[PDB]
Enquirer: 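Below: one structure in structure tokens.
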Amino acid sequence: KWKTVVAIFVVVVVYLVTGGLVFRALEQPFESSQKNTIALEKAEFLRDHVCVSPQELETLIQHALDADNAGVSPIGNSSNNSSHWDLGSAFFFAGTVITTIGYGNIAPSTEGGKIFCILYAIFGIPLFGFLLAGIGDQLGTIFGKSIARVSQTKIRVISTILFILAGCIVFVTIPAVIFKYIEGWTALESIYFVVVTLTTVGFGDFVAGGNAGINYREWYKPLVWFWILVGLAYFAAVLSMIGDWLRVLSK
Amino acid sequence: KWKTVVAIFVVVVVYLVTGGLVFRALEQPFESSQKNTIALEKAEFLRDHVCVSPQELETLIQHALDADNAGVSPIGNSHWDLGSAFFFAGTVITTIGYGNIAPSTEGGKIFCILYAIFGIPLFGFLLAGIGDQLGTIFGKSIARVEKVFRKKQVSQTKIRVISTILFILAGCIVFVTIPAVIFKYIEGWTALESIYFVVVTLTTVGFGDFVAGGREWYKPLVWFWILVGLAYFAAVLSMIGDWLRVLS
Ligand SMILES: NCC[C@@H](Oc1ccc(C(F)(F)F)cc1)c1ccccc1
Ligand SMILES: NCC[C@H](Oc1ccc(C(F)(F)F)cc1)c1ccccc1
Ligand SMILES: [K+]
Ligand SMILES: [K+]
Ligand SMILES: [K+]
């Protein structure tokens, strides 16, 4: 019904205004705090280094930003020695496109690289959908056999909560602990990464195996994408199950 | 069947190796070209400015990077205003997650986790709602074509293929070509960068290398284009999905 569609639209628009107000209340004080710090750090630098003009300072910052924007860290020569487009790293980038996560820490800079990325996404994202539906069909049988073992609506609510918590331990809690010890992040940053990854939001502020100073094994990046594949397939199979049940409720 | 699941897995793994090899062939020469430039720009700066040490240079670059990472441009003298924070909220819900703006505060990260968990399904309900209404529009249009070939007897699969190609092209003009032209004139991007942005936005990949508005009605109209754009193409995938389930 269109009456409920317009109703959900109001709930969503109110939700974004609510969200927007909460985010600005939490972030704007720190944003203003950082803005004051960078202005002071720059001014104090020019005060200590008289041989540098404010104009040639700007040019150097721009050169450093353009380098980082390209994907090359302007910090040291040793950090530059590693590549972001190696056979392994470019395989994970491909996966980052296909899963619609799109971190953005690495992005195509080449005009041709952008053209191929457009075509790669258009044909590649449905190809992943087919794989995720495939694992989603097998997991649906696993879920179906587990509910058949156990009011049908109460059983189904108890079942779904258990499956959600099952995935929350196996694909959310356990891998977050691994990232806390491997990537050296805080308890929050680790959970935050896992959540932002599996929701396919992928901000890119936290990316697994991204620190130049980290001596990460060769099996790390493929196992991370494997965790993404099993983690996304699992919670997709759960949403498919809730969707199919809601369609039965409507009819 | 599990035989076809393992088959799709091989196709996908081969696709990522293929993709990975193509991306490195296209990007690694420019990546090495940039790496050489930054090393030279820094070294040439230190030779011109002798009063600056190589270490207190790194410290300044780090301060500039930490500022940009926080969302404050270290070039010249807000990203969390009522309007901008509304669009950020909309970026989370649509799963686009550009990343040009991201929660820095420990509490801001906590709220972002909870906001996504409850907010993304809420969008799914809205997108399904528009997807249901558009499905009736598509369904009534295919039922019109099938009424013509009732006595002419033309395979239902052929009718369904020509119709879907038309709906895909309809969305490609209205929500892909036309808005890309607007971004080319407004944001001042190149013809490629404009199409690339629209594609990376509507696929919800959202790299964040290109973000719209980075007038007051611009940011909400951009999210409105995103809402109708995602909903239209989600209605088309829903239609192809429902038909494939009937085929199985
Ligand atoms: N959640 C909707 C996903 C859907 O979105 C589109 C559809 C079409 C396009 C276009 F035309 F290429 F620009 C981009 C994104 C989609 C993404 C990748 C491949 C096919 C369809
Ligand atoms: N495959 C994308 C769907 C997405 O999947 C999840 C599910 C759960 C989680 C998490 F919160 F971390 F447990 C993160 C992502 C989802 C988000 C909100 C509700 C249900 C599912
Ligand atoms: K993203
Ligand atoms: K996404
Ligand atoms: K994304």
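To find a chain, count down the sequence lines: A is the first, B the second, and so on, and within it residues start at 1. In each ligand, atom 1 is the first atom listed, and ligand 1 is the first ligand listed. Values below: every heavy atom of this structure, side chains too, minus hydrogens, waters and symmetry copies.
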Enquirer: Could you tell me which macromolecule makes the most contacts with ligand 2 here? Its name in the PDB entry would be great.
Expert: Potassium channel subfamily K member 10
Enquirer: Say which drug appears at ligand 2.
Expert: (S)-norfluoxetine
Enquirer: What drug shows up at ligand 1?
Expert: (R)-norfluoxetine
Enquirer: Which other chains does a heavy-atom search at under 4.0 Å around (S)-norfluoxetine (ligand 2) pick up?
Expert: A, B
Enquirer: What source organism does the PDB entry list for chain A?
Expert: Homo sapiens
Enquirer: Could you walk through UniProt's transmembrane segments of chain A from the N terminus and tell me which have a heavy atom under 4.0 Å from (S)-norfluoxetine (ligand 2)?
Expert: 3, 4
